[PDB]
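Worksheet: one structure, shown below.
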Amino acid sequence: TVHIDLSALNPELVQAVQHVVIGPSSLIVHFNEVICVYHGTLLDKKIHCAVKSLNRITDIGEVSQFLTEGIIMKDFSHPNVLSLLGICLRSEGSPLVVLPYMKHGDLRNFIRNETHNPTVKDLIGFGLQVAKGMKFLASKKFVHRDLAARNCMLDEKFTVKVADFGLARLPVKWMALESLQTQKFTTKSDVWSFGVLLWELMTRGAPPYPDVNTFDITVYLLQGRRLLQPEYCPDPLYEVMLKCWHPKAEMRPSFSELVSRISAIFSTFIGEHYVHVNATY
Ligand SMILES: Cn1cc(-c2ccc3nnc(Sc4ccc5ncccc5c4)n3n2)cn1
Ligand SMILES: [Cl-]
């Protein structure tokens, strides 16, 4: 029930965030059409968008951090990274985050869907797109911390966008050994998660370590274990996954190396090997 006067904001920051701000007459939010996220329309040209309605922000410092995140995220521009279209801050501190509409939803549900018929080539292609997204994010010194198939999205062109970061924001079965032990995250721990994401792809969305207790992952891994090679995962791609899970963080490949290696493996396929679901998954 706290009142907030937005005019108490620093005029320099308000000026700095203007290119991120969407005018009230530029966006028609379809509160009737619910995806808390709603369908929206943006003008440029009618543009379909996803409008994430955040909880009301009643602290000027929090409003300030919201506007600052918006500015930084606005410059995270890449074909395989979810873009911020802009932000709205309504009267009384009610925020809207405007993101591009993702027609085919999250990548995990997409590959799981038994009516979709992915090939080995399709699935590796998805992995490659994610690696390109991550190569970009790493170049910006941005550590994702929650990379997973569920956290990537697909548009109408089947372009994969790394999402669930910034204003679009423990996953222990995607976490590197050193992160489980120290609670610190790096680009090299994102590479570990990317390895698990590749496993998710080649299994068409199977949960990693099915019979394994969430609380018991460090002890499991320390017995000398890794995720098994999926039935439809090519040997060189499984070798890549094993490199992503190297016990020495510094010995794991960079995302730039992953893009290179995966592009090569991808190139050898012609879209003739269909990927079917594991009976046990
Ligand atoms: C199961 N699931 C995971 C997600 C998801 C993932 C990452 C992520 N990063 N930002 C968002 S919000 C968003 C953004 C665009 C959308 N486009 C279409 C439908 C839903 C949409 C939701 N997400 N949403 C949605 N369902
Ligand atoms: Cl294929």
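Shown for chain A, in order and in the PDB entry numbering: 1050-1084, 1091-1099, 1103-1227, 1245-1356. When a ligand or atom number is given, it counts from 1 through the structure's own listing order.
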Binding partner of ligand 1 (most contacts, UniProt): Hepatocyte growth factor receptor
Ligand 1: drug name: SGX-523
Other-chain residues near SGX-523 (heavy atom, 4.0 Å): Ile1084, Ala1108, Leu1140, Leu1157, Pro1158, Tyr1159, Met1160, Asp1164, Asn1167, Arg1208, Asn1209, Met1211, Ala1221, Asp1222, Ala1226
UniProt domain (most residues in contact with SGX-523) of chain A: Protein kinase
Heavy-atom proximity of SGX-523 to UniProt active-site residues in chain A: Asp1204, 8 Å
Atom indices of SGX-523, in the order listed, that fall short of 4.0 Å to a heavy atom of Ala1226: 9 (N), 10 (N)
Other ligands/ions under 4.0 Å from SGX-523, by number and name: none
Atoms of SGX-523, numbered as shown, that sit under 4.0 Å from any heavy atom of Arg1208: 3 (C), 6 (C)
Min N/O separation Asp1222 to SGX-523 under 3.5 Å: yes
Numbered atoms of SGX-523 (with element) below 4.0 Å of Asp1164, judged on heavy atoms: 1 (C), 2 (N), 3 (C), 26 (N)
Numbered atoms and elements of SGX-523 in range of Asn1167, under 4.0 angstrom, heavy atoms: 1 (C)
Atoms in SGX-523 flagged as close to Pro1158, the criterion being non-hydrogen separation under 4.0 Å: 15 (C)
Close N or O approach (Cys1210, SGX-523; < 3.5 Å): no
